[PDB]
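Below, a PDB structure including nafcillin (bound form).
Numbers in chain A track the PDB entry; the residues on display, in order, are 43-179, 189-307. Header lists the method as X-ray crystallography, 2.8 Å. Start at 1 and go down the list; that is how both ligands and their atoms are numbered. Below, each value reflects all heavy atoms present in this structure, side chains not excepted, and no hydrogens, waters or symmetry copies.
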Amino acid sequence: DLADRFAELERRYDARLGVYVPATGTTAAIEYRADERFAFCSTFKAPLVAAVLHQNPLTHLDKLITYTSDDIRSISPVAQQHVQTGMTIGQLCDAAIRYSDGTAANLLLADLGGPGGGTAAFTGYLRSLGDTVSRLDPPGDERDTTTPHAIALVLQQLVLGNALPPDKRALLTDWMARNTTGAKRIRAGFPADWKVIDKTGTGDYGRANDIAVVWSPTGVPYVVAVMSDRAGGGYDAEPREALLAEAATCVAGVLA
Ligand SMILES: *C(=O)[C@@H](NC(=O)c1c(OCC)ccc2ccccc12)[C@@H]1N[C@@H](C(=O)O)C(C)(C)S1
């Protein structure tokens, strides 16, 4: 049984784990806590970049955005070394996905505009793709959570579907392919000849997420959503990337 392995991982890492791989032609859904809520964390940044991409002509990626000292409130490795010059929407997009740049995310939200610095327009974007589950706005807390199941179906639609026109779908896909942050999660649990694109998230209460699209060596695709937290260790509990790698390995197994 596959759920025994997963429960084993949860015991080992003293974690709660969430896994969802949506069904295909010959494969059934892989699901484990696939319907419980977990924080979004940085993972929202991927569909956030789709939101922006969808919303505008491609040449909008060339609009220059200025931001100051007070705009830099979270880990922002790219927004630090630009604050002077400014940054383009495309550069912010690049930074949001590939480096999980928090300031880049907050500026891209602000670009979407509307109430709540853009989080309503954002949620609106998710409703439009049939996601009634997620919500952007404390383990368990309703706010800024999604389910392994809801996010995986969102990513499926963005990377393998008609949510974005080929050209814009491509741009999203490329940024995730060249992610710098996911080396030790889903990537690590799949053989080197499977091609894996992903966006990660990480937070307090030992939260660690990875959402990905994978392609078998013969080009068959799957969406893989892995979400976890470790409330057992309190606010300052450490994220366990291993747990994510391991789960992926167990998922790599079934799909190989
Ligand atoms: C999005 O998850 C980012 N995470 C954090 O900035 C973050 C955090 O955010 C609340 C404002 C709270 C606690 C921690 C603890 C340790 C690292 C980061 C945070 C960025 N994304 C992460 C990712 O895995 O994609 C990251 C690159 C480690 S920071």
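- Among all chains, the one with more heavy-atom contacts to nafcillin (bound form, ligand 1) than any other is, according to UniProt, Beta-lactamase.
- This PDB entry assigns chain A to the organism Mycobacterium tuberculosis.
- Among the UniProt-annotated substrate-binding residues of chain A, those with a heavy atom closer than 4.0 Å to nafcillin (bound form, ligand 1) are the following: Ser142, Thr251, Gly252, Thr253.
- Here a covalent bond ties nafcillin (bound form, ligand 1) to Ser84 OG.
- With a non-hydrogen cut-off of 4.0 Å, the residues around nafcillin (bound form, ligand 1) amount to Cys83, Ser84, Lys87, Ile117, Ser142, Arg236, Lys250, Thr251, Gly252, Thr253, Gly254, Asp255.
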